[PDB]
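Opening remarks: the structure here includes reserpine.
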Amino acid sequence: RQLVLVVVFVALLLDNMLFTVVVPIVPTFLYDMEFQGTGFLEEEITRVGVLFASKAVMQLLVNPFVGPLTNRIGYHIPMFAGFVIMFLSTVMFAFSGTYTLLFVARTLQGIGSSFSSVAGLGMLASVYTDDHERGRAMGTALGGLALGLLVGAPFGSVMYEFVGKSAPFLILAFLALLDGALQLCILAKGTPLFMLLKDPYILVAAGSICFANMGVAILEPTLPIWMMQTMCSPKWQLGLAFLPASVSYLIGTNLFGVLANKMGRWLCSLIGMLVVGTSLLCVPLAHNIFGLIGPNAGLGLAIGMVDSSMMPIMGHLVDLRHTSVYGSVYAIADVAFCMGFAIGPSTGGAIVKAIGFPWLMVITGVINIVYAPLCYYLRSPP
Amino acid sequence: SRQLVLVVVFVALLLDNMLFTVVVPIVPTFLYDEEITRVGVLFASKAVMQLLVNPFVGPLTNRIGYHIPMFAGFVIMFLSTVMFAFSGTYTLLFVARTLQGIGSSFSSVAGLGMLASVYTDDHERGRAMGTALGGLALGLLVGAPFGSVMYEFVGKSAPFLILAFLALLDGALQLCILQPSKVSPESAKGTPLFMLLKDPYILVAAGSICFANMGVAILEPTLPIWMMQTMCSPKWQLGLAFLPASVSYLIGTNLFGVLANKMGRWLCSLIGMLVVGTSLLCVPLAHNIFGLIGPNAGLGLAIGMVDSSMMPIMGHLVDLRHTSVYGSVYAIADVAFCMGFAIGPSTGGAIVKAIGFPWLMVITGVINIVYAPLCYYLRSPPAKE
Ligand SMILES: COC(=O)[C@H]1[C@H]2C[C@@H]3c4[nH]c5cc(OC)ccc5c4CCN3C[C@H]2C[C@@H](OC(=O)c2cc(OC)c(OC)c(OC)c2)[C@@H]1OC
Ligand SMILES: NCCc1ccc(O)c(O)c1
């Protein structure tokens, strides 16, 4: 039972590290091939946004098909697919030389990520039947996701200007190959998601999570381009500037998971959304790298507060009114992240092409601040 | 000197706002020997008419200076206190409030104008107005229990006589330092008032102060009626309920008058809006008296933050674009103050009977929260050509 936990942790870690490691490398890779430096990425922001939203679009498309596929052919065969398609994606990323190959790698990564996320969690649920170690296993997997998010950003940024461009992808490929060998030596219906989104409260919670995550979603594809255009930071600090967004996130989720039950979940979500908006407003004001330490850390702490205050309310709402499954909250919450990462990067390129960069953060801040009073609905649902 | 001028404004706002809260626990008790509406409109008389006199006081200060309007405010305040000490009828307890409102408008406009004129540096100007607002908070905090104990032990005419004596001391001080004996016209021709509402930044700041003061002022006349309906609390706790609001307002204005220049005016006003909105949202959820300590303290801190942030910003904008005459913009700010304090008490019971107190708090918090993002516009207004 420990081996399956190890392989699931490794797979989620690899997926999160790949997702975080593409962000430092793609803008600098595009800039290096064509020609601090000259500014011409304003035309390419829209294609960068489409490339970043490709994985979210593919995951949303392939999500409902993965459901009944596992019942027919078990869980090992589609879990085996995630490792191999992630291998093809990480191999294509290292050897990609044109924009078209990166798109194929992104969609292939999205398909593999969806398959692995369904299959590994299903295998974890099937393996543990004691009704108490399942929660610990899920918490360990989520901590692995957090660790991958923490460690992915310094990976590519540090080892692009130092040890080459293809270096950070073959290490991930070797790690994925290690995961495949580990899993190779191996061995109640719940109101479906299409009907769970028909009540106002769960929809409000999902919208709150999506609008909280949309700030980071629009911060990812457009921040390095702004950095090279304005602050003249070196190429090894673009991924260094995103450490607070994960460190403060983990600190906030720990602290507010400990202390949100006493002072109210909806109040925690409200203040988290409000400081998300304030941090997004304060982000475009910095004129150096050190100016981003404050607003980014605040945004990460706020998003951690919002998640820690919104997941238990979603679980309670699903349990009280509908029938819950072991991973019921996973489906609704994953759709919020998927919808955010699908609508953020795509619309952000057009927004930054039409108007300036800071207006996007102003728009997102007013959107978060406006949606924040809507959290009054969630206190004591009937 | 420039230090004694702030001493006069500190005493002037201390006594003028002292008369505002002293009449609260002595006036309704006297008339008892539909009644709520009659008592309610008596309290709102000062707020209703100080709005009207304000547009005639702003431009008037350009041609005669600041000393004479504040001396006139002292004279009218003394007349109001002597009328309060003797009158014992509803019809005579109305012209006194009229005179109190007129004197309050004169004193507030003249004091803020002179504080803006003497204190030129923005960072230095951000502390004098903070200490003036702290003095106003001190007056509003100390007015009610003083009048209550004076009526309880010595009688009705005693506290108004003591206020008259303190007003005479303040007038002697004003004659000592300010020297209100001649009319001095300002050399610079100030901009007309009807052009100062044609720019968005002054309108945004005025709306900020107005919305924060609505959020504070609507709660006072409506809170005890809801408390007696749901909480079932004794009479003496009604005055103690709003003590944390005044204490937190004083502490917040004193601290953020220093902190506003360092941390930022727009961020301070923004956070004050969010704090006051969340406090108004969380107010109607308490099930006992102890549950109102937190939200009320946060509400008072938010009011102090908004007031301290938006006081020097008006003079900052006027210096940035228009000519250096500060009477009109602070007249607009006092208009926002008084209109917020006037709309509340006269219509609070009607709105509570119409839609309900919790819904009213929900709308007020929602308007404050939505108007909070609009304070980003005052980050850096462009200057004049
Ligand atoms: C990227 O990959 C993700 O998408 C993860 C994160 C998304 C987002 C993010 N991206 C960044 C990229 C950066 O570099 C540029 C820097 C900072 C950030 C931040 C800071 C903010 N941050 C939040 C991250 C959250 C992760 O998801 C969960 O941890 C989770 C938790 C749960 O409860 C405990 C769940 O319920 C059981 C659950 O299932 C639905 C999932 C989420 O998916 C796995
Ligand atoms: N601008 C006044 C703000 C205020 C704060 C506390 C009070 O009790 C009050 O009556 C008024």
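By convention here, the chains are lettered A, B, ... following the listed order of sequence lines. Chain A is numbered as in the PDB entry, which gives 20-54, 127-278, 288-482 for the residues shown. Shown for chain B, in order and in the PDB entry numbering: 19-51, 134-485. Just follow the structure's listing: the first ligand is 1, and inside any ligand the first atom is 1. Below, all heavy atoms of this structure are taken into account, side chains as well, without hydrogens, waters or symmetry copies. The deposited model was determined using electron microscopy, 3.4 Å.
The ligands or chains that make up reserpine in this structure: ligand 1. Short version: main partner of reserpine, named per UniProt, is Chromaffin granule amine transporter. The letters of other chains with a heavy atom under 4.0 Å from reserpine are A.
Looking at chain A and reserpine, the transmembrane segments (UniProt, N terminus first) with a heavy atom under 4.0 Å away come to 1, 5, 7, 8, 10, 11.
In this PDB entry, no covalent tether of reserpine is modeled.
This PDB entry assigns chain A to the organism Homo sapiens. Counting heavy atoms under 4.0 Å, the binding site of reserpine comprises A/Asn35, A/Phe38, A/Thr39, A/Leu233, A/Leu236, A/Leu240, A/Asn313, A/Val316, A/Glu320, A/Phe342, A/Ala345, A/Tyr349, A/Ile403, A/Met411, A/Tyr430, A/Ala433, A/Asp434, A/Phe441.
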